[PDB]
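Structure note - primidone present.
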Amino acid sequence: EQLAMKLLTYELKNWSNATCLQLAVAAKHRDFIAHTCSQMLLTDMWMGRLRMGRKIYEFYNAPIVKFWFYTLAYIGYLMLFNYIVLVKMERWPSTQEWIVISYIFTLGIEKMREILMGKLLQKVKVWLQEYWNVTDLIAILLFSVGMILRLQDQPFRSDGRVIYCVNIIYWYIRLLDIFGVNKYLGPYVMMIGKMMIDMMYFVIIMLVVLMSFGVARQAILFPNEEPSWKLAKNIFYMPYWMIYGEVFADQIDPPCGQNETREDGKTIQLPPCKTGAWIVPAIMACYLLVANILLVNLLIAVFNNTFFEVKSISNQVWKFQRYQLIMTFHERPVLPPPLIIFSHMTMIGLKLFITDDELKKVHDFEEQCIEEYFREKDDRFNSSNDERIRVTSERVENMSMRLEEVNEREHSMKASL
Amino acid sequence: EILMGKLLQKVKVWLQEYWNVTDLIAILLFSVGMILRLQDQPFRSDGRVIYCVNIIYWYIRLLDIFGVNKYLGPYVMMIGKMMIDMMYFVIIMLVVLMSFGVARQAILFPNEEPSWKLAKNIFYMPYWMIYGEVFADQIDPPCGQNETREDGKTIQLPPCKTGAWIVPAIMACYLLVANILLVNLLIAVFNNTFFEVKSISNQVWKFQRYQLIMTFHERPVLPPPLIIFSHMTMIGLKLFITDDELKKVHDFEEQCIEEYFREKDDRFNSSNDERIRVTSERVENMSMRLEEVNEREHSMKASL
Ligand SMILES: CC(C)CCC[C@@H](C)[C@H]1CC[C@H]2[C@@H]3CC=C4C[C@@H](OC(=O)CCC(=O)O)CC[C@]4(C)[C@H]3CC[C@]12C
Ligand SMILES: CC(C)CCC[C@@H](C)[C@H]1CC[C@H]2[C@@H]3CC=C4C[C@@H](OC(=O)CCC(=O)O)CC[C@]4(C)[C@H]3CC[C@]12C
Ligand SMILES: CC(C)CCC[C@@H](C)[C@H]1CC[C@H]2[C@@H]3CC=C4C[C@@H](OC(=O)CCC(=O)O)CC[C@]4(C)[C@H]3CC[C@]12C
Ligand SMILES: CCC1(c2ccccc2)C(=O)NCNC1=O
């Protein structure tokens with residue numbers, strides 16, 4: 001095992017000092033990375049120096065501690081954001097909002113720094129591979145728009161506040177990326193992401209049925225109604241909530257034409273109903289029979305069938321992404337985003353080098369491993385039942401012919417004697 | 001039972017039983033409640049509330065009693081096992097619920113002092129939406145409009161607020177995720193895990209039967225209410241056998257071992273793989289012998 005670990009990572013002068021892990025990643029060979037040896041090596045790197053001035057340094061520059069510090073900074077920023085949104089804001093921002101804005105601005109600067117680390121188009125193409133980093137940029141742009149709008153006169157400030165309120169949701173949901181590190185959680189997130197296509201295919205049909213029912217209900221009643229714009233809302237509004245247990249029992253089949261004295265009041269004569277008002281309830285049944293009991297159970301069955309395959313694929317993919325996570329957090333500076341401005345002002349390993357004797361030793365070990373592999377492969381092949389049967393049949397055929405030749409020859413001898 | 005100088009080892013062994021820890025904790029809470037209940041009025045109701053909260057543990061403790069039944073015990077074990085997956089679901093549901101509640105609270109009530117009600121308001125309404133309550137009254141209130149109503153003078157409502165039409169839309173997406181996406185995933189997880197958990201639970205219960213039986217064999221006859229007399233008085237599994245019976249048992253064991261080895265060898269030698277291997281080897285040897293005779297037979301032709 002130790003020699004395997006050493007072989008997996010060592011500079012190759014012939015191949016541009018690229019270790020086996022880098023080549024496997026470039027080839028996207030998930031099986032190689034998912035192997036136990038590579039996973040153990042990645043875990044060893046994750047713990048950095050601890051693996052359980054110099055005393056401080058080993059703890060400080062380990063990737064795991066940097067990950068924890070970044071996570072804590074993010075959590076604090078999130079807490080401040082919540083406090084800001086809930087409480088009233090004056091004309092000028094408070095200290096908390098200044099801190100939040102500075103954090104966002106520095107994070108955007110750090111994203112630009114990652115972009116730049118004349119090939120810029122290739123760098124952008126590579127960067128687009130990370131889907132999270134696109135939504136992050138979009139959310140930052142929306143936040144900047146909200147900030148610009150919030151500092152104007154009264155008519156715009158509330159719009160800026162609403163922009164903040166809508167934007168907070170993305171940052172609240174971004175915690176899935178942080179959770180990704182956990183063994184159990186990451187695959188769960190991947191499966192959740194995968195199921196959304198089936199969810200959308202269900203949604204289309206549900207939307208069709210809901211539109212039909214809403215249009216029918218709206219048309220049956222309110223005969224003399226001007227177009228306006230409320231009709232489009234009314235179509236979608238009521239039926240959508242019926243999926244979740246609200247049936248509006250008050251206004252299913254109103255009494256309409258009847259005498260309703262009620263109590264503590266004079267008798268009131270209600271309108272004499274309308275033509276074809278008894279068809280709405282019946283329809284309201286069929287819709288509920290379809291949206292609730294038919295499609296949802298089908299979706300459940302689809303999930304059950306897809307679960308196993310999605311689980312396996314997600315596990316392998318997360319084991320593959322571990323390496324990118326580890327290297328990304330190894331490269332990053334120690335100070336969390338709020339204070340990385342100093343690191344950027346200052347701005348303004350994976351592989352271990354080995355001695356010649358060790359290189360020759362590793363080469364010898366590799367050749368020995370190859371020889372053992374081929375010998376074992378041949379031994380397994382020659383012990384297969386099919387090969388043994390084939391050899392037995394061929395040798396039996398040859399023996400039969402030789403036996404016949406001897407028998408015919410033995411016949412000649414009888415005459416000789 | 002703890003006492004039946006090794007006391008640390010006894011405690012370490014005792015901690016293995018998870019029920020016996022919660023039992024002690026509940027007893028301590030009950031003692032605290034009893035002490036509080038006998039003071040003046042301001043504390044007596046707090047003691048009563050302590051009793052009311054404590055009763056739940058004793059009501060749920062009946063699962064241990066049910067454990068003896070063949071069917072029930074495995075069910076309890078499976079229920080206990082599924083809670084990890086339940087927790088993993090709960091974390092994500094909590095994240096989504098917090099996001100929705102904070103958004104709803106922030107969109108409305110712009111001029112609101114911090115106080116402490118906000119933390120409640122965030123969690124309160126969204127949690128119940130999972131179970132069929134949508135608060136139809138206060139989804140999209142009419143706000144800015146004329147509402148004469150009846151048996152009353154005309155009342156002019158506030159002119160709504162900016163961005164109040166975004167809350168309903170959000171309220172849809174949340175419901176589309178919490179209710180139809182995560183729950184069905186949890187159902188699928190349960191379906192996949194059921195078989196393995198069932199088998200493991202059956203085996204584990206069959207293992208725990210012995211501990212149950214011995215524990216209740218050792219205990220005194222009188223139930224706990226009257227065990228004080230037994231303790232004041234305080235203040236089998238194996239049968240002994242004769243020598244001849246011991247020798248007989250040893251002979252039977254040796255015979256069983258001999259039969260086991262003989263049957264194992266008989267099964268091994270009748271395998272198809274071994275027969276094919278022997279056939280091939282003997283055929284090869286026969287072929288060589290046939291060739292040797294044939295070459296030798298050629299010599300004889302010259303001899304004749
Ligand atoms: C996972 C993260 C997002 C934590 C949850 C976010 C918010 C729900 C929490 C985080 C810190 C909390 C605050 C901590 C301190 C205070 C001040 C405190 O108000 C008072 O001091 C006045 C007391 C009174 O008059 O009653 C209570 C509310 C508030 C804003 C709390 C309300 C809810 C906050 C913003
Ligand atoms: C899919 C299956 C299982 C449905 C089971 C229940 C339905 C058959 C019930 C539920 C609600 C009922 C409706 C509730 C109210 C009315 C108004 C009622 O109108 C009248 O009879 C008076 C006017 C007239 O037609 O003369 C006609 C039946 C209808 C549609 C009822 C017919 C049967 C419905 C659709
Ligand atoms: C996930 C899919 C299947 C959702 C299906 C139904 C939704 C599209 C419906 C349900 C409730 C509807 C909302 C109910 C009320 C309103 C207020 C309405 O506000 C206005 O148009 C007046 C002010 C203005 O914007 O000019 C805008 C649409 C909205 C969010 C409706 C738009 C469509 C919604 C989200
Ligand atoms: C850009 C990624 C991240 C991050 C991601 C996972 C864990 C910790 C931090 C962030 O999104 N916000 C704070 N700084 C960061 O680099």
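A note on names: the letters A, B, ... follow the listed sequences, proteins ahead of strands, and every chain is numbered from 1. The structure shown is a partial extract from the entry, and contact counts are restricted to the extract. Going by what the header records, the deposited coordinates were determined by electron microscopy, 3.2 Å. As the structure lists them, so they are numbered: ligands from 1, and atoms in each ligand from 1.
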Quick one: which ligands or chains are primidone? ligand 4
Give the letters of all other chains with a heavy atom closer than 4.0 Å to primidone. A
With a heavy-atom cut-off of 4.0 Å, which transmembrane segments of chain A (UniProt numbering from the N terminus) are in contact with primidone? 1, 2, 4
Around primidone, which residues have heavy atoms within 4.0 Å? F67(A), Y70(A), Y74(A), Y103(A), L107(A), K111(A), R174(A), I178(A), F329(A), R332(A), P337(A)
